Structure formats: C-alpha cells, structure tokens
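Figure: cloxacillin (open form) in its bound pose on beta-lactamase.
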Amino acid sequence: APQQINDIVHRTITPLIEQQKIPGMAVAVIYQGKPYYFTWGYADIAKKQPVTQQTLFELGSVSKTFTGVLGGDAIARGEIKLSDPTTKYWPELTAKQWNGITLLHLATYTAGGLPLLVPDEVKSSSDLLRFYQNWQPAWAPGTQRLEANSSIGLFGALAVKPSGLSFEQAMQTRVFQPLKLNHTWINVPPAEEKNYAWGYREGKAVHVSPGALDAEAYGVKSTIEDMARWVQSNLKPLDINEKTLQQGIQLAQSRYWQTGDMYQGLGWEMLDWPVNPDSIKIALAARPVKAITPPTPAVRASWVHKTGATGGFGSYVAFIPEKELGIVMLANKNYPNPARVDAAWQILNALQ
Ligand SMILES: *C(=O)[C@@H](NC(=O)c1c(-c2ccccc2Cl)noc1C)[C@@H]1N[C@@H](C(=O)O)C(C)(C)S1
C-alpha cells in the first residue's frame, strides 16, 4: 500500500506488539474509503497458524456497535421506539422501578445503575426475568451513565422482539448480510473453526464462555476484512442500499447524552474532532450525564470509536467520517485500552 500508510502503521504497531507481548494482531486502515491491511504474529501459537485477513477475533464490547445499529434499524423499521418504556416489550417487567425506564435508557447505559455484567448464576429466561425484576436502581433514570453489558444487552434482546426473530436471526439478515459481512458471527460455524483464533490470557488459550445476553453485548467475532467494511459502512451510511439500515446506522451515531467531552450514541461513542489526545484501568466510572434535547444527528466532525475486550482478546475501532478516515485493531490478548487509543491516534492523526 502507500508507503506513508505502510510506515506509520508498522512504526506504531511493532513496538506496541513488543511492549504488550501481543501474540497476534490485525490492523485495517481506511484511507479515503479504501482499506489497507496489516497482520502480525499468531492466531494459534500451538498450531503455528499465523494471523491473516481471514482470522476471526473476538470483538468483545465492540459488539455493542452492531447491537446499536441493529436497534437503530428496528426503530427505522417502526418496530420499536427509543421513547418507549421498557415494559412495552417486556410486560412481565412489573417491578415499580421500571416505570420511567425507556429503551433509550437501556441502549445508552443511563437506566440507573444496571450492573456491568449479568450474573453467572442467571442461566435461564426465568432467571433473567427475576434478575431484572429484583434489580434496585442506585439512581433515577437519565441522571448517570455506568457502562454495562446488562443494560445494552437487554436493549438488544428487546429491540428484535416485535420482529419474532432471534437476535442472531435479526443480526444476520438485517445487518451482516445486507453489508456483505460473510465472516462475522455471533456463533462461529464449524466451517469457520479453523480461522477462529485463540485468545491469550496469562499464557493460556481461551475463548469466551457462554453467558446470559452474550450475543447482544459482547458476542460477535469477525475478521479485519469484515471489520474494515463495518468501518466503511459507518463512515458513508448514505451509500447503503437497504433504507432502514442506512437510517439505523445514522441513529447509532446520534448524540443522546453528554459527559465531559464524550457523547453517547447507540453502541458507538463520539468526541468532537479535532480531538485532544488527553481526552481519548477504572473497571467502573459512574458519570452524571447531561441530556441532549433532542439528540444531535450524527456529526461528520466526530471521532467515533469503541473499545471492547474478553478474557483473551482486545480490540478497537475508530473512524472520522469527515476525513473518510478510520482504523480497526484486533489482537488476541487483552491489553491496556490506553495503548490502543494511543496507537490509533498516532496512525490516524499522521494521515490528517
Ligand atoms: C465489553 O468488552 C465489556 N466486557 C466484557 O463483557 C467482558 C470482559 C472484561 C474485560 C476487561 C475488563 C473487564 C471485563 Cl468484565 N471479560 O469478558 C467479558 C465478556 C465491558 N467493556 C469494556 C471496555 O470498554 O473495553 C469494560 C472493561 C468497561 S467491561
């Protein structure tokens, strides 16, 4: 590819792999709408399979960008509304604390302290009902943001309900297919197992385990190729043929709440571009939010991104719609979010 692109990429990621002792990594850079690929290390140390443009990485929380979009698509389809109480799609949600809790609240982590992880002992639909029924809000809805799987995850599950499709049923046919992401899955087919990389946590090959609402919050696995297309799709949403998926993408990039200089979308998070590097280990930051009334439409001059991880994988997606620029980073080792963002900024800012 262009030697300029080739050079920041290699000069930033190389030491990054060395300092963080990252087994395998994949990187895509979207320059003026064209993807450039890079690959290092191993997808499976034991079998010496290297990382390739075909390797599957666990996206972790980056999965929330898909849930965000799929939900925006359901809104566009008129199957759900963000202004609707959560009880509309789950009538058995009788506890009185759900009253003024809307789908917008679930989707944006502002319901009032929904826990970061759904408890491991919640292993059944009925288990899931009781958990949400018995949850006690630490705060009033629309006052604080506490990032959580159990918040966005229930939103994903409720958003596809009117449709009658499973979440994965809706994801495939309403988002992966339309977008030609043929190597992106919530569940990896046996046919793709030879591309599924192992994650590395403390020296052992690990894969994410099943959990409640896992497909909706941290479940998708994908290649740098499909991720590149995913970034391409979120950069230029007007070039998408299926009309609700177009609207859906834009809605996910809308600004619903503001905290510091960070804005909260559906899955995606945004910062006004140009952005200061200072701005971009605290397992839990509760942050009050200012409501953006009404929500601002997706802003070209943003730095839209999202981190995500699992026991064995660390990933990051960042793109500036206005510069038609973007990057994707996928490693099979969970390493410091900050190093991810530094590397992202260094590459991208060096290309305008
Ligand atoms: C998304 O990636 C979320 N994490 C998980 O669901 C998850 C983790 C994990 C990894 C590092 C630190 C904490 C946790 Cl819980 N391990 O397995 C799973 C399924 C949340 N998003 C993360 C992010 O923004 O990168 C966190 C750390 C805020 S937790």
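Heads up: numbering here begins at 1 and tracks the sequence. Counting starts at 1 for both ligands and their atoms, in listed order. All values below come from the heavy atoms of this structure, side chains included, with hydrogens, waters and symmetry mates left out.
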- Item | Minimum heavy-atom distance, cloxacillin (open form) to UniProt active-site residues of chain A | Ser61, 1 Å
- Task: Specify the source organism of chain A, per the PDB record.
- Result: Escherichia coli
- Query: atom 24 (O) of cloxacillin (open form): which of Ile282, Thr310, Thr307 has the nearest heavy atom?
  - Reply: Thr307
- Query: Which chain residue and atom does the model connect to cloxacillin (open form) through a covalent bond?
  - Reply: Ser61 OG
- Where is the nearest protein heavy atom to atom 10 (C) of cloxacillin (open form): which residue, which atom, and how far? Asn334 ND2, 3.6 Å
- Message: For atom 22 (C) of cloxacillin (open form), tell me which residue out of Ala285, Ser61, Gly312 has the closest non-hydrogen atom.
- Response: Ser61
- Shortest protein contact, atom 19 (C) of cloxacillin (open form) (heavy atom only): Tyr218 CD1, 3.3 Å
- Item | Closest approach of any protein heavy atom to atom 29 (S) of cloxacillin (open form), naming residue and atom | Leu116 CD1, 3.6 Å
- Query: Which residues form the binding site of cloxacillin (open form) (heavy atoms under 4.0 Å)?
  - Reply: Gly60, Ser61, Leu116, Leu117, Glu147, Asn149, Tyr218, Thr307, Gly308, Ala309, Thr310, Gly311, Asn334, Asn337
